[PDB]
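Input: a single structure, listed below in structure tokens.
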Amino acid sequence: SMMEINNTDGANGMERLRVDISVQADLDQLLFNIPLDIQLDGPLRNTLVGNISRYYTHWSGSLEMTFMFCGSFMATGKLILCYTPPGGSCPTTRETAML
Amino acid sequence: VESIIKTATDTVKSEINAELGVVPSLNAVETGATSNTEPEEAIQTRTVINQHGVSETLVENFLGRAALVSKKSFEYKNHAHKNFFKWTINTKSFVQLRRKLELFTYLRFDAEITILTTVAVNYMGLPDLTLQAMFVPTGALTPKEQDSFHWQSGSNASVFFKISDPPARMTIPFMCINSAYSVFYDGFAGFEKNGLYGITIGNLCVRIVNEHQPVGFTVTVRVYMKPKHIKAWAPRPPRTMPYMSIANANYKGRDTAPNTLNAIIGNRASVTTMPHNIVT
Amino acid sequence: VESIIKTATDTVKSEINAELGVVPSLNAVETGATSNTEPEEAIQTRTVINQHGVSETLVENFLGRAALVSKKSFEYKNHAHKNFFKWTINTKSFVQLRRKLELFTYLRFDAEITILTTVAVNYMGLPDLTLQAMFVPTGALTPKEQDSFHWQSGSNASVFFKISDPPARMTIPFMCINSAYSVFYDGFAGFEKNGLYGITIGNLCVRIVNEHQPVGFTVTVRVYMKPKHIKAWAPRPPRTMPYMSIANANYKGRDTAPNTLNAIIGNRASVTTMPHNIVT
Amino acid sequence: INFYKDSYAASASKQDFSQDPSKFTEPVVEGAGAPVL
Amino acid sequence: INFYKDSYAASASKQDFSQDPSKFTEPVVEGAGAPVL
Amino acid sequence: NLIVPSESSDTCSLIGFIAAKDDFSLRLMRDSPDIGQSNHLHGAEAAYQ
Amino acid sequence: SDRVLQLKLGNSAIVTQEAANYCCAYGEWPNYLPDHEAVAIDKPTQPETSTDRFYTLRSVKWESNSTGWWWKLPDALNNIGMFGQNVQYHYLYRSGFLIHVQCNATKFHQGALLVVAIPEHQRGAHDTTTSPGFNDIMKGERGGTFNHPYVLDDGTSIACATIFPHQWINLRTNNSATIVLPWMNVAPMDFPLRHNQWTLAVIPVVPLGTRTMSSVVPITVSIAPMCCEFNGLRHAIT
Amino acid sequence: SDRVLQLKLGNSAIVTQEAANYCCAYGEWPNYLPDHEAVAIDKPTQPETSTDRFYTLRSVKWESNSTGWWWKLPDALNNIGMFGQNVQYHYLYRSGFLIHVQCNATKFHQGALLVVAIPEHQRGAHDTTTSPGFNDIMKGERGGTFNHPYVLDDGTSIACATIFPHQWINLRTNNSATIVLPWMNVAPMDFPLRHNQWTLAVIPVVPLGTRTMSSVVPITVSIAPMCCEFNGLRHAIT
Amino acid sequence: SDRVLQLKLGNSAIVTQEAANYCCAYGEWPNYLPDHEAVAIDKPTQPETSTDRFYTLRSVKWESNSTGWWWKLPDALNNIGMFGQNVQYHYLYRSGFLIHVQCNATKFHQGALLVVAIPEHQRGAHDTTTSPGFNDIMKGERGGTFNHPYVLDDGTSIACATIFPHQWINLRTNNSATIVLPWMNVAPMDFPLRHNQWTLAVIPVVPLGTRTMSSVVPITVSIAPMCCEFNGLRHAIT
Ligand SMILES: Cc1cc(CCCOc2c(C)cc(-c3noc(C(F)(F)F)n3)cc2C)on1
Ligand SMILES: Cc1cc(CCCOc2c(C)cc(-c3noc(C(F)(F)F)n3)cc2C)on1
């Protein structure tokens with residue numbers, strides 16, 4: 001189900017369900033991150049997995065995030081999605097996230 | 001396709017991959033199918049014999065909990081709700097139960113009903129009153145008074161219980177005229193257009209059989225329902241906007257996030273802002 | 001090594017000993033091993049068929065006793081703790097239970113919970129009130145008022161009981177996210193440094209479901225816990241200094257022996273003084 | 001078991017461990033790592 | 001025995017009579033009355 | 001980088017989805033913090049009339 | 001080879017060269033009512049080809065600020081062709097549906113439509129305690145539009161709507177969606193004029209966009225009832 | 001022949017000619033995590049020789065008025081060599097430990113050190129209700145010292161500390177202690193930066209004494225992780 | 001079906017939908033050092049997943065007047081992640097490499113990059129008798145650029161560079177190149193800090209061009225060491 005990744009002021013309704021990315025001027029740009037809070041309100045809370053899990057207290061298992069690019073056919077690009085196990089601060093550079 | 005699952009699936013060790021024409025991590029959301037990428041195909045995994053049980057998420061258990069469906073308090077005294085009340089049965093009055101039931105489109109289940117009673121003086125002690133809960137099906141006559149003939153309950157099912165006894169309890173069979181209850185109904189109740197849109201079991205009539213005392217008391221009856229022998233069909237998007245009516249799905253949303261019609265999830269500064277970031 | 005022991009070991013008759021190179025009574029504490037000198041090797045023994053059972057010291061029994069883990073009294077009246085309380089569950093508040101649990105490092109067990117209730121007037125008689133104990137797991141919303149929606153308990157487990165009934169009782173399964181409970185934790189709760197050192201089950205919320213009476217009463221709820229189906233690991237040095245906090249092992253010691261930080265055992269005149277010497 | 005004469009009065013049925021997620025996760029007609037298109 | 005459906009609801013288990021003291025009394029690698037050194 | 005020609009929108013959207021795999025497991029049921037009630041719902045009291 | 005598809009029912013056929021496989025609601029497939037599940041005892045009429053065929057409704061224009069569209073079944077078809085006639089002349093009906101939503105644009109266009117078949121989609125009114133009226137629900141061939149697609153006009157959420165049988169039309173990927181719906185109800189048959197089993201919702205989660213020549217981008221819905229059966233013949237409730 | 005011993009792991013080796021046999025905590029021995037006990041599904045890294053080797057910490061001076069020393073594992077090593085690197089780059093770790101405490105003097109010296117490996121040694125603060133702070137607990141390679149060894153700084157007692165895996169260094173008898181520690185936890189793996197499985201405590205129950213030439217008598221600790229495994233690779237939390 | 005490819009090593013994976021098959025340098029494939037070819041007698045550490053994974057370096061911008069870029073292995077990675085750590089803590093290393101260079105544009109863009117892995121690419125200085133200096137050679141993650149790509153900055157020629165393991169990224173055809181490099185040396189292992197086995201060179205033989213909207217076209221390099229082995233453990237030469 002859809003993650004409300006764009007949960008920001010100024011984004012209303014469905015605008016909150018899509019993340020807009022544009023042609024960059026700089027390299028290795030950070031586009032966005034996703035708080036993995038299922039207990040604390042966040043992009044994952046109002047999802048099928050999120051909603052049902054919140055009826056329980058303990059969880060175990062792998063999750064999967066799928067992103068669908070909805071630009072035009074003539075649009076191209078390569079992105080890197082990184083999952084960082086806990087321990088430190090959320091990475092802000094690709095050099096770090098990439099690890 | 002179908003199979004018996006008693007524990008979470010195990011994980012198999014996976015090796016390095018570099019195969020042409022094979023791209024397990026690529027998918028097509030447009031098909032309507034959920035990604036079928038296995039962990040073993042996305043990264044190198046080890047072997048794991050997973051013994052985690054999956055019993056607690058069985059529908060029978062998920063819905064198998066007694067929940068408050070009705071709560072009514074009235075005055076037990078000399079009325080010169082007159083020492084009894086009539087409740088048009090419904091399962092849409094209390095949000096906790098309602099939301100769970102509404103996670104499904106259709107539900108077939110027998111209902112275990114438990115009735116809890118409490119009393120308070122309006123102090124000389126609490127009376128151990130006798131009550132009668134009578135199930136008056138659709139079309140039957142409902143009591144007009146605390147002592148009307150209706151209470152002789154010749155065919156209706158009645159249960160008499162004392163306040164000092166454990167809560168009363170009985171099972172209501174799955175009683176729909178269909179193979180399952182319609183948790184949602186995208187239709188009208190009658191053949192005319194003025195009918196009611198969306199969404200009859202009957203009336204639960206409860207009275208105190210004791211005549212009134214010299215003083216007044218407040219009596220509260222709480223009814224709980226626990227579905228069992230459950231079968232469910234077609235899961236649905238969970239309710240997010242606060243409920244407004246027991247008669248419909250009307251919505252308005254909270255005044256401020258979360259759960260405002262404008263934004264279900266509360267806001268964060270930006271899409272690159274990590275809310276509870278660890279500052280080591 | 002491992003074996004089934006149902007009774008104390010027997011004793012075998014031993015003879016005179018005068019063997020060179022054999023010194024059973026000599027040991028080396030430095031090895032970390034306890035002396036392995038048998039009575040038969042230290043003195044001349046007779047044969048004894050020992051039938052003393054060893055059941056009472058089975059861990060299952062040693063810890064298998066209902067102990068007070070929580071005690072709370074509040075005012076049941078018109079509050080114009082408002083007729084209910086919320087307790088953040090822990091097993092470190094009462095020393096008797098605490099000390100026994102702390103004789104082990106890790107413990108795996110199911111917990112039998114018993115709830116005892118008593119009431120006293122603030123005399124016209126004692127009301128047979130109905131209470132509701134609701135287990136609110138970590139992350140769930142706790143009741144804000146005696147009658148807030150939280151009490152409809154649609155998924156949380158609740159138990160309703162009357163003061164006139166026997167104490168309420170149910171079993172809480174071993175619910176740790178690990179294979180065993182950590183009686184001691186040499187670590188921090190969070191990823192940041194400001195976290196709490198040492199040592200979440202949830203909250204036990206108890207309310208009186210009856211509306212308030214014309215007069216006030218004091219209601220006391222005592223909760224007892226009895227572990228069962230017990231498995232224990234790594235025994236530990238028993239607590240000697242009085243406890244100070246439920247949140248840590250901080251110590252100060254009594255003002256005077258015994259159990260003062262300075263001396264655990266009370267003093268005697270000298271190492272050659274026999275305290276309760278028999279003066280025949 | 002059940003001492004009442006009506007079977008619907010019986011206790012809960014917590015033994016139905018069968019399931020078929022695919023009816024929700026893969027409701028597509030045409031069924032590895034090959035391009036889904 | 002146990003009339004509840006969950007096995008953890010059962011009564012106490014007072015039949016585990018096995019034990020191995022040596023894991024606490026003799027945790028030394030190299031195992032009579034001969035000098036321990 | 002995201003590269004597009006002149007006639008394509010130079011700002012595109014992504015939609016993110018999430019799901020559990022079959023190795024998932026949930027325990028210890030509790031009431032969801034996602035729904036609450038402050039008053040009677042409209043019509044709830046009229047059920048007694 | 002799963003991007004190409006032809007559907008043929010009765011005297012109607014549809015092809016698409018940019019499909020995304022196709023969905024079979026809950027993995028089921030339409031079928032006639034078996035004797036061991038039947039209730040109405042009168043011998044039913046099974047029109048086959050005159051009712052089990054594609055009916056194309058009027059198109060809608062996908063605009064930059066569109067909120068989404070919906071069509072309720074069988075209401076949307078209760079007045080079209082022989083299907084509509086049988087529905088008007090019979091008290092009871094039963095059928096599956098083959099849904100094909102179509103929308104094409106340019107390789108310079110972007111946009112994504114969620115095409116979902118919602119069973120028993122009971123609508124809710126916004127900011128009022130009054131339940132939706134007859135005209136708010138029964139739109140017929142024209143269908144209606146969403147006021148608050150974000151919550152599917154029922155207080156839930158479009159985010160989790162994927163729990164229902166669906167597909168998407170992502171312009172850079174495909175130009176049509178196909179969903180096969182079996183009979184969905186708690187009864188073997190139903191009265192077609194006062195109850196809708198399914199609701200077809202087409203919502204633009206990602207708005208239509210482009211920098212090329214602007215042109216009208218329509219969305220068209222074609223629906224074909226399947227395995228139709230009718231019982232309780234009488235006069236027509238036109 | 002149990003007074004002589006050589007330990008060899010990776011590129012490191014230690015010998016002692018005055019040992020007292022050696023202790024295997026709870027009679028166990030380190031081993032890798034078996035599939036039927038595993039939780040983290042990512043394939044782990046087993047560095048072997050680069051991490052499973054002896055690391056020698058800075059020595060401490062045994063003084064006439066010393067109260068005792070302690071080192072928490074894995075904290076004491078979280079910043080040493082390749083072991084430390086793996087720990088900083090991985091969220092999860094797992095390992096046993098081979099502990100070798102060494103202290104020699106003269107046949108004219110006397111003193112006895114209790115060398116005990118305490119599982120989950122949760123410290124307590126003295127005469128205050130405030131729980132110990134981060135810096136009170138995480139000392140790293142330097143380790144800490146006991147304030148009230150008599151009660152093991154936790155309100156219990158050193159007298160009963162022998163219930164834990166241990167050995168003694170009694171100067172007239174031996175000059176080293178060796179303890180092999182298996183993985184000790186309620187979980188198959190753990191986060192190395194916020195939790196210490198074992199605490200090595202060296203306490204002088206019998207003070208150092210002699211009437212001969214006075215000289216500095218050091219106590220040295222060498223620890224070798226065993227069967228190291230790491231999961232949850234990411235950047236380093238230096 | 002050879003235009004689509006997924007590479008998976010450790011906790012990293014890469015896919016490409018516009019590949020050009022992929023090259024296996026000299027038809028070989030990485031493998032661990034066999035006993036009959038070994039020299040260093042100490043037991044090696046084989047980190048596997050913590051080192052054998054994709055590391056992505058900072059991107060470079062492909063400009064109209066670019067001359068080309070290069071990265072030397074293992075120098076480029078000697079300071080990245082656990083690979084870098086092992087390299088700093090060990091005297092000897094050995095490994096293959098999986099190279100994936102990526103660059104996408106538009107169907108209106110043109111340009112062709114020669115992506116070649118040069119073994120022992122010993123650079124030469126231009127118009128001077130003085131040999132290149134340390135800083136001229138060791139660029140680390142940033143890599144360097146060609147001064148005279150025409151002669152591969154070594155007096156030879158890019159025209160014949162195809163004699164080395166390579167692929168091309170011709171914008172109208174593909175958007176990535178993949179080269180699998182086995183261990184290439186005259187010795188079974190080597191000291192990672194003073195010698196580079198391979199040099200990854202990406203040279204624009206056909207400049208980037210287009211008449212459509214101008215945008216930054218990056219070139220990104222991701223390298224994954226394979227079958228890593230390390231010997232000669234000591235302190236880190238940071
Ligand atoms: C939709 C839908 C409909 C249902 C059925 C709810 C049935 O519950 C009622 C019924 C039928 C009977 C009683 C009842 N209370 O007391 C008695 C007795 F008197 F017969 F014992 N019956 C209480 C409720 C809430 O569940 N979901
Ligand atoms: C550490 C550690 C943790 C534990 C678990 C103690 C569990 O006990 C609690 C729990 C979980 C539930 C109740 C409880 N009381 O009432 C209910 C009911 F309402 F669910 F019945 N649950 C009471 C205590 C003390 O034991 N040692």
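The sequence lines fix the lettering, A, B, ..., with proteins before strands; numbering per chain opens at 1. Order of appearance sets the numbers: ligands from 1, and atoms from 1 within every ligand. We show just part of the entry here, counting contacts only within that part. If you're wondering, the header gives X-ray crystallography, 2.3 Å.
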Could you check ligand 1 and tell me the drug name? pleconaril
Identify the main binding partner of pleconaril (ligand 1) here and report its name as listed in the PDB entry. VP1
Find the other chains whose heavy atoms come closer than 4.0 Å to pleconaril (ligand 1). B
Give the atoms of pleconaril (ligand 1), by number and element, whose distance to some non-hydrogen atom of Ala157(B) is under 4.0 Å. 19 (F), 20 (F)
Considering the heavy atoms of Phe135(B), write down every atom of pleconaril (ligand 1) situated less than 4.0 Å from one of them. 11 (C), 19 (F), 20 (F), 22 (N)
Heavy-atom gap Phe174(B) to pleconaril (ligand 1) smaller than 4.0 Å: no
Report the part of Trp87(B) (side chain from C-beta onward, or backbone N, CA, C, O) that has a heavy atom under 4.0 Å from pleconaril (ligand 1); answer both or neither where that applies. side chain
Out of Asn203(B), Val223(B), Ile113(B), indicate the one that has the non-hydrogen atom closest to atom 13 (C) of pleconaril (ligand 1). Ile113(B)
Go through pleconaril (ligand 1) atom by atom and flag the ones less than 4.0 Å from a non-hydrogen atom of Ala133(B). 19 (F)
Per-atom contacts, pleconaril (ligand 1) versus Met170(B) - under 4.0 Å to a heavy atom: 21 (F)
Taking only heavy atoms of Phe109(B) into account, list the atoms of pleconaril (ligand 1) that are under 4.0 Å away from them. 26 (O), 27 (N)
Should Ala111(B) be listed as contacting pleconaril (ligand 1), given a heavy-atom distance under 4.0 Å as the test? no
Under 4.0 Å, heavy atom to atom, what does pleconaril (ligand 1) touch in the other chains? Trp87(B), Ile89(B), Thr91(B), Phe109(B), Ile113(B), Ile115(B), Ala133(B), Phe135(B), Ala157(B), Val159(B), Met170(B), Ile172(B), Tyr181(B), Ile201(B), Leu204(B)
